[PDB]
Q: 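Thymidylate synthase, bound to CB3717 - let me ask you about this one.
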There are 2 protein chains.
Amino acid sequence: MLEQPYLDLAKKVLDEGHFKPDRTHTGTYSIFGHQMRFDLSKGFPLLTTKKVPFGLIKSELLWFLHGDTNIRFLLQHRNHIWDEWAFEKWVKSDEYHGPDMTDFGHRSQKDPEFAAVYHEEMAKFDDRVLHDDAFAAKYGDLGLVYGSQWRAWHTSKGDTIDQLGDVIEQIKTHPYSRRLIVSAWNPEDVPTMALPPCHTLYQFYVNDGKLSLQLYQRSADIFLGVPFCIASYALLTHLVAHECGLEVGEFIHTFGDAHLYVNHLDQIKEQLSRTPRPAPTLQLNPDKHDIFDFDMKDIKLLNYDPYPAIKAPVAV
Amino acid sequence: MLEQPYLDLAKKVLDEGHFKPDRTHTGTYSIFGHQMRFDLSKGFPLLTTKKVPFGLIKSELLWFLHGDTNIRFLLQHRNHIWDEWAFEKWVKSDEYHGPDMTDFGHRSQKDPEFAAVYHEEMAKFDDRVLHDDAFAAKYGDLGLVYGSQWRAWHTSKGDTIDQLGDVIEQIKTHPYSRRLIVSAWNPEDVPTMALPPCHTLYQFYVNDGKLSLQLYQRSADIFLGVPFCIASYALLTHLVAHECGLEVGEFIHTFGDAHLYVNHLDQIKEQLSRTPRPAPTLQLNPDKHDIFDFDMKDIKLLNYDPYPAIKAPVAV
Ligand SMILES: C#CCN(Cc1ccc2[nH]c(N)nc(=O)c2c1)c1ccc(C(=O)N[C@@H](CCC(=O)O)C(=O)O)cc1
Ligand SMILES: C#CCN(Cc1ccc2[nH]c(N)nc(=O)c2c1)c1ccc(C(=O)N[C@@H](CCC(=O)O)C(=O)O)cc1
Ligand SMILES: O=c1ccn([C@H]2C[C@H](O)[C@@H](COP(=O)(O)O)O2)c(=O)[nH]1
Ligand SMILES: O=c1ccn([C@H]2C[C@H](O)[C@@H](COP(=O)(O)O)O2)c(=O)[nH]1
């Protein structure tokens with residue numbers, strides 16, 4: 001089965017993972033250096049042993065591909081994955097006149113009524129973003145996110161480089177190149193970032209008319225993150241390929257610090273009692289070729305028969 | 001035996017490696033995505049199945065650790081690994097009055113007498129570098145090399161960041177961090193570089209009082225390059241550890257495009273007929289702790305009993 005590597009990584013961490021604490025003060029089980037391989041010609045690696053929302057995955061990837069960094073687009077697509085980051089900037093800034101949200105993410109799990117106040121406060125902020133173009137302009141723009149890291153790298157001369165755009169052009173002109181790399185790591189920015197990119201660097205490769213892609217993830221949440229990441233990068237390996245007119249080869253996920261939060265142990269064991277079903281299948285619109293102009297309707301997932309969704313808490 | 005992974009990578013490429021040409025127009029056998037693991041507590045990974053020059057490895061690493069980018073230091077240490085790059089800039093510039101060296105690297109293998117002319121021309125340039133401080137200042141400074149990428153990253157504000165310096169400080173204050181990353185990839189520079197860094201990115205990790213390091217190599221010459229690289233990065237994992245007062249764990253070498261030049265096939269097979277001996281041992285000076293102030297005499301390699309050196313041609 002196509003998703004075996006993910007189960008193995010999960011089992012493995014459970015078995016060889018050494019205890020290791022972190023920022024959130026919640027302990028974890030970590031390993032260092034791992035590498036999975038998913039033959040993308042066998043099917044699309046969307047977990048069948050637990051329901052993963054492909055809709056959110058598409059929304060987020062297209063956002064990146066547009067070089068966009070404002071929440072407004074994602075919001076219009078019912079995507080709220082990046083809300084806390086915008087919200088957090090709104091609460092620590094001027095004008096915010098409302099219940100003190102200091103430590104909203106952490107407290108939400110503990111104070112019940114607080115969760116109520118915060119959830120509506122959030123609901124309001126999002127509405128303002130979504131409608132007040134002025135507000136969106138200053139609170140919905142996350143700044144340094146994958147969208148601007150891949151397609152608008154700031155140069156020392158006050159200019160901008162479209163890493164993804166250029167790399168794609170190169171795949172077309174020099175497929176056998178070894179410099180097909182897109183970095184999301186800027187030494188100038190990381191020192192003062194809310195969250196340096198976990199999806200640190202990827203590189204393309206072409207051989208036998210097939211496109212492959214390797215992603216280097218400095219840090220991974222095996223339960224919550226990895227499941228999205230695989231699908232997210234597997235989608236791109238499909239997009240770029242389609243555009244360049246190659247076939248799809250395999251996705252290679254290399255890990256730095258792969259961990260499993262102690263509060264996710266039961267749930268992950270719960271998933272390990274499942275037997276993966278046949279993998280779903282991606283269907284891309286044949287009329288469109290400019291991935292930069294792709295839309296939600298141009299990507300279709302067929303035969304997605306998963307197990308119910310396994311619920312687990314976000315440990316900040 | 002400690003170096004088994006390297007043999008396996010070699011055998012593997014020979015067995016699953018698909019043909020793939022490149023810039024030098026010499027064909028290669030490539031694979032995409034590999035990952036070796038060397039437990040550094042078992043010994044120092046310097047190849048015993050073929051003599052590797054640890055002297056050059058030390059010279060080069062210290063050069064990097066000093067944030068230096070000029071050939072003069074390396075020259076004083078009889079190191080000529082980076083000569084062609086300096087020489088190449090001298091020949092394509094003004095003032096060069098002598099035999100046209102256009103395509104010296106490639107031609108050297110073909111025109112015998114040419115090799116003679118070029119070799120002495122080189123000998124002269126190096127002497128000028130080594131003695132004329134003015135000359136060295138403009139022809140010996142390679143510019144963007146690991147030394148300035150690790151310890152003098154140019155920011156958009158015309159400043160400079162000491163990635164290595166800072167990361168080291170972090171290991172001391174926050175060992176369990178997942179942001180211990182040093183990048184040698186600058187999207188602003190790669191577009192116009194003679195050779196973008198093959199040793200693209202490394203990340204540190206600390207657990208159980210042991211320091212580990214993973215290196216991401218976008219491109220590798222399995223015969224000539226990989227042997228140096230392992231030892232080079234294994235030395236650093238030892239240096240930083242010593243400084244931070246941790247123990248050494250393991251070195252993890254992840255590969256993007258790992259290849260074997262077609263003109264190295266015989267020689268690599270030749271090496272595969274060998275049986276690795278016990279690994280050598282690194283001995284660091286206990287009195288010094290500032291790796292930035294380390295010198296050739298502060299690093300000692302014990303029990304290095306290798307097989308003779310296997311000769312193979314440099315395919316540009
Ligand atoms: C993906 C991604 C990158 N990111 C950014 C990001 C930031 C910090 C992180 N912290 C940790 N430990 N793991 C992560 O996956 C993680 C991811 C995400 C951020 C939020 C959600 C999210 O809210 N959805 C969760 C929980 C939903 C809920 O509360 O019910 C989910 O399970 O999908 C998902 C991903
Ligand atoms: C190391 C490194 C990075 N580098 C930079 C660099 C640049 C282009 C490359 N090209 C290829 N195919 N492989 C490499 O290892 C390589 C390395 C090196 C550059 C030169 C030598 C060198 O001259 N020594 C060779 C050959 C010596 C000889 O001519 O006799 C050797 O075998 O050591 C070694 C390493
Ligand atoms: O695909 C993803 C994206 C983000 N994160 C996680 C990584 C860390 O658990 C946390 C960020 O903490 P640091 O690694 O930066 O310390 O967010 C993932 O696990 N997977
Ligand atoms: O440790 C090292 C350093 C450099 N090179 C090689 C990689 C490529 O063979 C060549 C550079 O060519 P590109 O990958 O940039 O095309 O130099 C290595 O193999 N190993």
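The sequence lines fix the lettering, A, B, ..., with proteins before strands; numbering per chain opens at 1. Counting convention: from 1, in listed order, for ligands and their atoms alike. The basis for the numbers below is simple: all heavy atoms, side chains too, and nothing from hydrogens, waters or symmetry mates.
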Q: Quick one: which ligands or chains go with CB3717?
A: ligands 1 and 2
Q: Identify all other chains that place a heavy atom less than 4.0 Å from CB3717 (ligand 2).
A: B
Q: For atom 11 (C) of CB3717 (ligand 2), which protein heavy atom lies nearest, and how many Å away is it?
A: B:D221 OD2, 3.6 Å
Q: Between B:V314 and CB3717 (ligand 2), which part of the residue brings a heavy atom under 4.0 Å of the ligand: side chain, backbone, both or neither?
A: side chain
Q: Please check if a non-hydrogen protein atom sits closer than 4.0 Å to atom 33 (O) of CB3717 (ligand 2).
A: yes
Q: Check for other ligands or ions under 4.0 Å from CB3717 (ligand 2) and list them.
A: ligand 4 (2'-deoxyuridine 5'-monophosphate)
Q: Is atom 7 (C) of CB3717 (ligand 2) less than 4.0 angstrom from some protein heavy atom?
A: yes
Q: For atom 1 (C) of CB3717 (ligand 2), which protein heavy atom lies nearest, and how many Å away is it?
A: B:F228 CD2, 3.7 Å
Q: Considering the heavy atoms of B:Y261, write down every atom of CB3717 (ligand 2) situated less than 4.0 Å from one of them.
A: 12 (N)
Q: Tell me, which protein residue and heavy-atom name are nearest atom 9 (C) of CB3717 (ligand 2), and how many Å apart are they?
A: B:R23 NH2, 4.5 Å
Q: Hey, is atom 16 (C) of CB3717 (ligand 2) under 4.0 Å from any protein heavy atom?
A: no
Q: According to the deposit information, what organism does chain B derive from?
A: Lactobacillus casei
Q: Name the UniProt active-site residue of chain B nearest to CB3717 (ligand 2) and give the heavy-atom distance to 1 Å.
A: B:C198, 6 Å
Q: Do any nitrogen or oxygen atoms of B:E84 lie less than 3.5 angstrom from nitrogen or oxygen atoms of CB3717 (ligand 2)?
A: no
Q: Can you check whether a protein heavy atom sits less than 4.0 angstrom from atom 23 (O) of CB3717 (ligand 2)?
A: no
Q: Nearest protein heavy atom to atom 2 (C) of CB3717 (ligand 2), by residue and atom, and its distance?
A: B:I81 CG2, 4.2 Å
Q: For CB3717 (ligand 2), does B:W85 get within less than 4.0 Å through its side chain, its backbone, both, or neither, judged by non-hydrogen atoms?
A: side chain
Q: Under 4.0 Å from any heavy atom of B:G225, which atoms of CB3717 (ligand 2) are there?
A: 15 (O)
Q: Looking at atom 13 (N) of CB3717 (ligand 2), would you say a protein heavy atom lies below 4.0 Å from it?
A: yes
Q: Strictly less than 4.0 Å: does any protein heavy-atom distance to atom 20 (C) of CB3717 (ligand 2) fall in that range?
A: yes
Q: State which residues lie within 4.0 Å of CB3717 (ligand 2), judged on heavy atoms.
A: B:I81, B:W85, B:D221, B:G225, B:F228, B:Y261, B:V314
Q: For CB3717 (ligand 2), list every N/O pair with the protein closer than 3.5 Å, one pair per line with the distance.
A:
unit_1            : atom_1 : unit_2 : atom_2 : d
CB3717 (ligand 2) : 12 (N) : B:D221 : OD2    : 3.3
CB3717 (ligand 2) : 12 (N) : B:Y261 : OH     : 3.1
CB3717 (ligand 2) : 13 (N) : B:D221 : OD2    : 2.9

